[PDB]
Amino acid sequence: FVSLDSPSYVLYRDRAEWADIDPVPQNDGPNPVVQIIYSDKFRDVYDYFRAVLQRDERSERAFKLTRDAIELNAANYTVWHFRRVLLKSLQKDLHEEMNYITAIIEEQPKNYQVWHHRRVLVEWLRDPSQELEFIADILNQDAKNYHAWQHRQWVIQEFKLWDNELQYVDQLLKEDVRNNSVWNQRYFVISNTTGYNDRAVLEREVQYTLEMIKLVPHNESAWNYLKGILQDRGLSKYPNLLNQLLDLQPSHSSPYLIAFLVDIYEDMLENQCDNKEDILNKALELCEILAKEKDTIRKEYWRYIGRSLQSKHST
Amino acid sequence: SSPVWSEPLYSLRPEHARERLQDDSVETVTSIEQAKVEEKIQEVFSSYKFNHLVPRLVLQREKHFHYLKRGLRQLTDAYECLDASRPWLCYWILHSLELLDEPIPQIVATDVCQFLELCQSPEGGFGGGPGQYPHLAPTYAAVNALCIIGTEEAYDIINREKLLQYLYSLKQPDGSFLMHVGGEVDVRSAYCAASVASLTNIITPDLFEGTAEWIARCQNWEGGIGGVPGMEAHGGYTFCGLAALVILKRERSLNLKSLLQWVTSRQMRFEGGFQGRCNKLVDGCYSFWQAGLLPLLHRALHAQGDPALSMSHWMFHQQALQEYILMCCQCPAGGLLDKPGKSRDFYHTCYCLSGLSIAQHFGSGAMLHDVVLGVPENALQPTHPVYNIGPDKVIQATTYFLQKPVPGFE
Ligand SMILES: Cn1cncc1[C@@](N)(c1ccc(Cl)cc1)c1ccc2c(c1)c(-c1cccc(Cl)c1)cc(=O)n2C
Ligand SMILES: CC(C)=CCC/C(C)=C/CC/C(C)=C/COP(=O)(O)OP(=O)(O)O
Ligand SMILES: OC[C@H]1O[C@@](CO)(O[C@H]2O[C@H](CO)[C@@H](O)[C@H](O)[C@H]2O)[C@@H](O)[C@@H]1O
Ligand SMILES: [Zn+2]
């Protein structure tokens, strides 16, 4: 009916329809700590929320009250829980509640409770028809919102809406190829649909990734994705990749390419590669280059790798 | 060498300028934001250099102390948004004071205990405030705060019987835990549960059945850990995941190699601090969430007999992290923060200091090696990498509770 900022808003202690119930003040003890000096409006709403909660009143007035409590602090999970208890007890129209949660998330997209509430509603309705479009709108404002992506993966997997996600992924990568959240979604979609065992799919992904690397050599996400889709089988199982990266090294000696080479050498040595001594020497040289010049922030890591290699393959 | 009044800094070396972002002449929202932060950080870095004169960095202890002391008592309505996270405030503030080696007056200690008692739910666990439903986040915070106080009065506040029952009420068949009744699920719950259960000695054989496997499923292609299976790797969730596994003694359920490479890659070559996930921005709180993973990995690998492990340093740039925190994360008015330009808050004050402590102290077996950048007074008290409270507090708490039986279990 009336919002906390509406000119005609009235404090609950002044509402005649609330006169029959006594407010319950918050007891912080005689010598309080981390005591928040609440505004009159904040305290007013929560004094009455505490009253309805204590009396477990499943009413329409209590339901409307939770809306104000939420506006005052959307992170109060106790209020959210009670609201859900009321939604069921009062048999409220869930599609109406969906419109409400949509507006709330738009206002506060970085909050755990609002996204969980929406998930519960979709679960109760078994209706994901609005999800992908709504999420897309949130992501249009913040393409990396963690909660948004998490909710998106849930909906897609729970209701099997895989059909158009790879196209969505491709669109967002075109907008920002550095968006690590989108590269994650890419792996999510492929691993759950075709999988990476299909050599045709893997080839397509390696070519796609290599192409992105050529376009933006210093974009770490693409390099991480490349390693991510080949690491389980073992980087040394892809002999042509080494040569191709070796040919780009002179013109693209970024720390990412140099590090990838070490990763390849590490795996090769672990698989009884030919010319072990030569591979080891090359790996140690790169580790030193990374530690001393190309990736000094990780010098301790690279020195550790150098020692590990020697403890495992020096013979 | 150098006179004692001048200390050369990594971030101020001439070669450091080469660590600036290379956008390959391809601009996107990501590179634009990163470049903006780097530009501001360079300006900050430069203000601490006067040609060859580089004064020692100073942790503004007293300013931080006054900010913390004030917050432990009262807060303005600007904190209404944290009305459901008050035990968090107690923990962040108490831990910061503990790190700064500032004693907690007996009266304050008693008042905090009384307040947390009021936050404890009759069903077990702690809520964000008096009368609120219990939740694992404030429960984790309350238990840590009580352990920092470390008095029998504080220890006894915890209703161990109900706490265990409460944890059971949140345990899912797949090994995960709800954050609260009818709440959401993510790796934070596993860590909060494992932390409070191990500290209070209420772990049963079945409590964490399947939990280690669920956490492992959260590790993704990047090497780090996401909030739930399939999600992007993030420092916050990776700390929770690995720390919980260390408590359960199941770290080997993860691919430690890909995790190590992932976390070390999260330290920013230019800023020196850590980002929360690939291609996002540096942030002072990750000084703990991310950097804190190195001591855990060190211990994990060491248990496996890794002969290549260092005996004096963590596997991240300890000096660079200290430089970022000391030069970029201190509010001149007291308190610490995310990055230059952001406002202070008790959360960032807690984690910036926690990360600084981890960066200053290396410890493995009998080997101890300190690296305190700046004036000697910058040295903070050590913090336990698993619980993030003083190691002395961890030992005293676990010893106390180990003398009690596991609630209704033998
Ligand atoms: C994501 N992030 C990075 N730095 C700070 C944040 C954070 N977005 C945040 C959100 C969720 C979680 Cl679980 C942890 C951290 C954030 C940002 C600012 C914050 C707080 C939290 C928190 C806060 C509030 C409740 C719980 C936790 Cl863990 C943190 C308090 C606070 O005073 N401020 C200013
Ligand atoms: C024990 C415990 C409760 C630990 C919590 C650790 C932690 C910091 C979690 C953060 C998770 C998260 C949703 C980040 C997104 O915020 P963002 O998009 O603002 O983050 P970003 O840009 O830094 O990634
Ligand atoms: O970092 C990769 C590492 O993580 C594990 C889990 O410990 O699996 C994750 O990564 C795989 C891709 O490399 C995904 O297929 C899997 O779903 C995800 O959990 C390890 O198996 C792997 O070595
Ligand atoms: Zn932060």
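Chains get letters A, B, ... in whatever order the sequence lines come in. Chain A is numbered as in the PDB entry; the shown residues are, in order, 55-369. Chain B is numbered as in the PDB entry; the shown residues are, in order, 15-424. Only heavy atoms go into these numbers, but all of them, side chains included; no hydrogens, no water, no symmetry mates. Per the header of the entry, the method used was X-ray crystallography, 2.1 Å. One-based numbering, in listed order, for ligands and for the atoms of each.
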*For ligand 1, what drug is listed?*
tipifarnib
*What is the name in UniProt of the chain with the largest share of contacts to tipifarnib (ligand 1)?*
Protein farnesyltransferase subunit beta
*Counting non-hydrogen atoms only, which other chains lie under 4.0 Å from tipifarnib (ligand 1)?*
A, B
*Would you mind checking which non-hydrogen protein atom is closest to atom 27 (C) of tipifarnib (ligand 1), with the distance to 0.1 Å?*
B/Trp106 CZ2, 3.5 Å
_Which residue and heavy atom of the protein sit nearest atom 1 (C) of tipifarnib (ligand 1), plus the separation_ = B/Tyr300 OH, 4.0 Å
*Below 4.0 Å from any atom of tipifarnib (ligand 1), is there a heavy atom belonging to B/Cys299?*
yes
*In this deposit, what name belongs to chain A?*
Protein farnesyltransferase/geranylgeranyltransferase type I alpha subunit
*Using protein heavy atoms only, decide if any is under 4.0 Å from atom 24 (C) of tipifarnib (ligand 1).*
yes
*If you have a sec, work out which protein heavy atom is nearest atom 26 (C) of tipifarnib (ligand 1) and how many Å separate them, to one decimal?*
B/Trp102 NE1, 3.7 Å
*For atom 11 (C) of tipifarnib (ligand 1), what is the nearest protein heavy atom, given as residue, atom name and distance?*
A/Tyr166 CE1, 4.1 Å
_Residues binding (2E,6E)-farnesyl diphosphate per UniProt in chain B, non-hydrogen atom under 4.0 Å from tipifarnib (ligand 1)_ = B/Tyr300
*Give the residue, atom name and distance (to 0.1 Å) of the protein heavy atom nearest atom 17 (C) of tipifarnib (ligand 1).*
B/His362 CE1, 4.6 Å
*Between A/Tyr200, B/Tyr154, B/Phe360, B/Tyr361, which one has a non-hydrogen atom sitting closest to atom 20 (C) of tipifarnib (ligand 1)?*
B/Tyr361
*asked:* So, looking at chain B, which of its UniProt Zn(2+)-binding residues come within 4.0 Å of tipifarnib (ligand 1), heavy atoms only?
replied: B/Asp297, B/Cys299, B/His362
_Suppose we measure from atom 4 (N) of tipifarnib (ligand 1) to each protein heavy atom; which comes out shortest, and what is that distance?_
B/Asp297 OD2, 3.0 Å
_Residues near tipifarnib (ligand 1), heavy-atom distance under 4.0 Å_ = A/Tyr166, B/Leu96, B/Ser99, B/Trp102, B/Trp106, B/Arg202, B/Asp297, B/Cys299, B/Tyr300, B/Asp359, B/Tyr361, B/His362
